[PDB]
Amino acid sequence: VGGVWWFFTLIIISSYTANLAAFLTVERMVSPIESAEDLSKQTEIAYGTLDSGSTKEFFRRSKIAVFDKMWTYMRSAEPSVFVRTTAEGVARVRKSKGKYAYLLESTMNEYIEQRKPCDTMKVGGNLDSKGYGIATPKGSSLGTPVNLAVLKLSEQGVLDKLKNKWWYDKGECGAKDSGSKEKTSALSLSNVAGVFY
Amino acid sequence: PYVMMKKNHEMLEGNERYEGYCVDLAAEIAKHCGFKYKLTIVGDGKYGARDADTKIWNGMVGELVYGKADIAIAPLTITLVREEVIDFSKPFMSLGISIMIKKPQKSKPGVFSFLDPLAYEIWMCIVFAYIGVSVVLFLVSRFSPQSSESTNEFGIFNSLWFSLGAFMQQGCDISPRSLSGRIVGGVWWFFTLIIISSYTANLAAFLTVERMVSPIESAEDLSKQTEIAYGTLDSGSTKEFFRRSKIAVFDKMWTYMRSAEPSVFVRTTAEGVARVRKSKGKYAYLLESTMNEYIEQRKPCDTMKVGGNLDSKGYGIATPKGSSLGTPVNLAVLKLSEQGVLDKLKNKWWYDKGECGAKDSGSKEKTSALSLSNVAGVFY
Amino acid sequence: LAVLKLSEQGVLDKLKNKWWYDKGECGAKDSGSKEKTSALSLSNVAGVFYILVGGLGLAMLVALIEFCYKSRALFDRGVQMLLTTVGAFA
Amino acid sequence: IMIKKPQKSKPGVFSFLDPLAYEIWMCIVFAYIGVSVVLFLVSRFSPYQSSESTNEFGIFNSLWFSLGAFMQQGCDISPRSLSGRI
Amino acid sequence: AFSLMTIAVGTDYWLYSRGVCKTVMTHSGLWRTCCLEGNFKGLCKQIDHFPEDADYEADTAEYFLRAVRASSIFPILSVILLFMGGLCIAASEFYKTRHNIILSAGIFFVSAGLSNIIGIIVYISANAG
Ligand SMILES: NS(=O)(=O)c1cc2c(cc1Cl)N[C@H]([C@H]1C[C@H]3C=C[C@@H]1C3)NS2(=O)=O
Ligand SMILES: N[C@@H](CCC(=O)O)C(=O)O
Ligand SMILES: N[C@@H](CCC(=O)O)C(=O)O
């Protein structure tokens with residue numbers, strides 16, 4: 001009985017002290033809301049939209065019930081959830097401290113998160129897709145040379161290289177490219193405080 | 001799943017003979033535009049790209065240009081060569097160049113996985129050395145020294161229990177007190193301080209990373225390796241992508257595509273899928289991400305996509321130049337895209353056949369706890 | 001004039017980057033730095049098994065000679081006083 | 001200079017004593033002899049039936065306590081004095 | 001005990017690996033590496049510690065391991081000492097009352113295991129590579 005309980009102890013204890021200093025310094029990320037289903041199960045945080053926007057006109061034209069709730073939330077919400085520019089919607093999220101959400105396009109939400117102060121986060125998948133296009137008036141002569149020119153950039157990867165250049169060369173937050181690199185530190189008493197309790 | 005053979009083809013008739021993404025999308029656009037329609041299949045079974053010295057397209061678009069076919073609703077890549085001589089509507093699906101490789105083995109830890117950081121010759125040579133010590137510590141402590149052999153408490157059964165106590169480091173009841181008793185008691189102490197520590201040092205090594213790291217996921221090592229040949233569809237726009245490369249690693253990709261013996265270009269995608277399965281790391285295939293989605297979402301589930309997309313091309317509903325129907329066709333696609341119809345159609349075909357259905361993104365963090373399945377063995 | 005004109009643009013350096021790297025690469029040149037873990041082999045821990053058996057033969061030897069000494073059959077207080085005298089000196 | 005690139009060398013038969021340098025294993029042995037003589041000195045030092053043999057620590061047992069204490073193994077004996085427990 | 005050594009020295013299913021039977025699984029042994037599952041089968045050749053393309057020249061640690069492995073003294077020692085313990089335990093029937101002779105026997109048995117156990121360790125050491 002003792003001889004096996006010894007060998008039981010040798011495996012369990014040595015597996016407990018394997019990576020023990022890591023688990024006292026996990027540094028978890030909470031991420032309270034993701035994945036727009038769980039926007040609708042935790043709807044108490046205040047959503048936000050752009051005035052005169054496609055994000056407005058998408059949710060004005062709501063058909064899916066998860067999408068219909070979040071607009072019928074915002075239209076009767078107090079106060080006016082709309083902001084006049086992107087710099088108004090970004091700043092309203094930053095002040096409210098996890099309490100005000102703003103629904104916005106994927107590339108600006110890519111851009112704001114990269115730029116310091118970098119206190120915001122892009123969670124959840126895209127809820128659709130939509131495109132920016134160079135536009136001419138209907139019947140314009142320039143429409144045909146431009147329409148051929150868009151692919152002709154894109155097949156060469158010129159547009160992708162220009163997309164690689166601009167969205168990466170701007171202000172980068174530290175946890176975007178080289179924030180993956182790790183390091184070690186001494187144990188703090190706030191890490192081991194329950195054992196003294 | 002853009003066009004799939006329906007099970008009851010010889011029972012059913014007409015456009016009901018086929019069922020697919022485009023078959024559903026053709027029905028949706030014909031409602032909003034208001035035209036009767038009759039599906040066909042290309043006889044080439046191919047994508048229309050240009051002949052040398054002839055320019056006559058062999059594939060769907062060659063059936064579309066030449067007055068034969070009216071509308072081409074298919075996974076047809078909008079590239080510059082096509083759009084300069086046919087019309088496209090606005091795209092309906094977004095994708096890019098991506099890689100399919102086989103994840104080889106799953107290989108979860110077995111139930112005796114805790115014994116792993118020492119080899120099974122060592123555990124066998126530990127048990128031989130544990131018997132080998134404990135017989136020697138018996139033989140020393142029992143000699144001709146009234147009954148003064150009995151002053152040593154070491155019979156053989158106390159000898160097996162001492163060296164088990166010294167090996168598991170759980171203390172010991174008694175201790176040898178002869179000179180030669182303390183030698184064997186001293187050396188076995190020095191033995192067990194190395195071995196138990198070599199266990200706990202190596203078990204810390206298994207408890208951060210015990211998995212597989214992907215060989216070519218950075219996509220520049222995929223262009224690099226001469227063992228892992230890589231190919232794509234013949235007369236395919238993926239091949240037409242790399243014939244005009246301007247990036248240096250992409251400049252090297254086309255060169256091995258040109259200089260592979262024999263042709264790594266496979267006649268279809270489904271036969272190209274079956275080539276990588278036979279290869280087991282020897283060959284890689286290059287295909288579109290939405291074309292590589294449905295390969296993962298089917299059994300044997302051993303196909304997975306590495307990296308992001310290499311680019312961002314798109315598919316289109318194709319019409320001839322100056323085709324009068326194509327503009328309400330074009331107004332249809334922006335209607336279908338905003339009404340959530342296309343994403344719902346992109347939902348339905350690409351999840352409900354999730355027989356694999358795993359969505360195992362992975363608990364990537366190496367600061368992950370032990371599970372009871374990992375240390376189930378010692379309880380047994 | 002053409003040699004520098006390539007070289008100031010880094011064209012020659014880019015052509016030197018291209019050719020000497022795109023050829024046959026041995027495995028320990030670029031991605032041979034990456035590491036991994038494995039079980040301990042007995043050839044790694046073999047000396048500890050030697051020392052164990054090396055100690056067991058010794059312990060049986062000394063246990064035999066104390067039997068041959070006792071079955072056959074001593075410091076003096078003076079000679080150790082001389083022995084602590086010489087040892088302190090040296 | 002080109003030579004035939006050598007094989008990656010296996011560790012020796014004394015690879016266990018590699019994480020501590022050679023200069024420390026000589027100073028671990030020297031600290032071992034240093035402790036066991038001092039532990040022999042403190043106890044068995046004219047206490048005041050016969051008090052000269054009250055403690056169980058001879059020179060030979062006190063070597064075995066220090067060897068036991070180094071190898072993380074418990075022993076039978078224990079110091080049991082204020083100056084000996086230090 | 002004396003049987004299972006002298007059998008094991010004179011039999012050659014020691015190791016099941018893949019290697020060359022002529023100079024591809026091996027009926028490999030302590031003296032003579034033999035071969036199974038091949039086109040030719042049943043031919044057993046002499047094993048060879050190799051100095052040709054050796055890569056262990058002027059090794060202190062390997063030159064000890066080459067000598068002990070291929071000239072397997074320790075399983076030979078584990079036979080003779082086990083045999084010598086057999087003669088002292090056979091000599092307890094006739095010329096008894098010596099009352100020392102089975103300790104002289106019994107140490108030879110314990111020694112013959114310490115010879116045998118390190119003969120395993122040198123065997124596992126050498127074939128790894
Ligand atoms: N769900 S998806 O990614 O297959 C997808 C992708 C796309 C969709 C619709 C869906 Cl459902 N429509 C857009 C369309 C909206 C306007 C911008 C691009 C076209 C016209 N094209 S897209 O961005 O290529
Ligand atoms: N780029 C958007 C801005 C409005 C929005 O984000 O909804 C548009 O053109 O409509
Ligand atoms: N859908 C693609 C298939 C061939 C490829 O991926 O290159 C096309 O129309 O060109």
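Note on naming: letters A, B, ... go to the chains in the order of the sequence lines (proteins, then strands), and numbering restarts at 1 for each one. Counting starts at 1 for both ligands and their atoms, in listed order. Structure method, as recorded: electron microscopy, 4.0 Å. Computed over heavy atoms, backbone and side chain alike; hydrogens, waters and symmetry mates excluded. A restricted portion of the entry is shown here, and the contact count covers that portion and nothing more.
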I keep forgetting: which drug shows up at ligand 1? cyclothiazide
For cyclothiazide, which chain gives the most heavy-atom pairs within 4.5 Å, and what name does UniProt use for it? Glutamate receptor 2
Other chains, non-hydrogen atoms under 4.0 Å from cyclothiazide: A, B
By UniProt's count from the N terminus, which transmembrane segments of chain B have non-hydrogen atoms under 4.0 Å from cyclothiazide? none
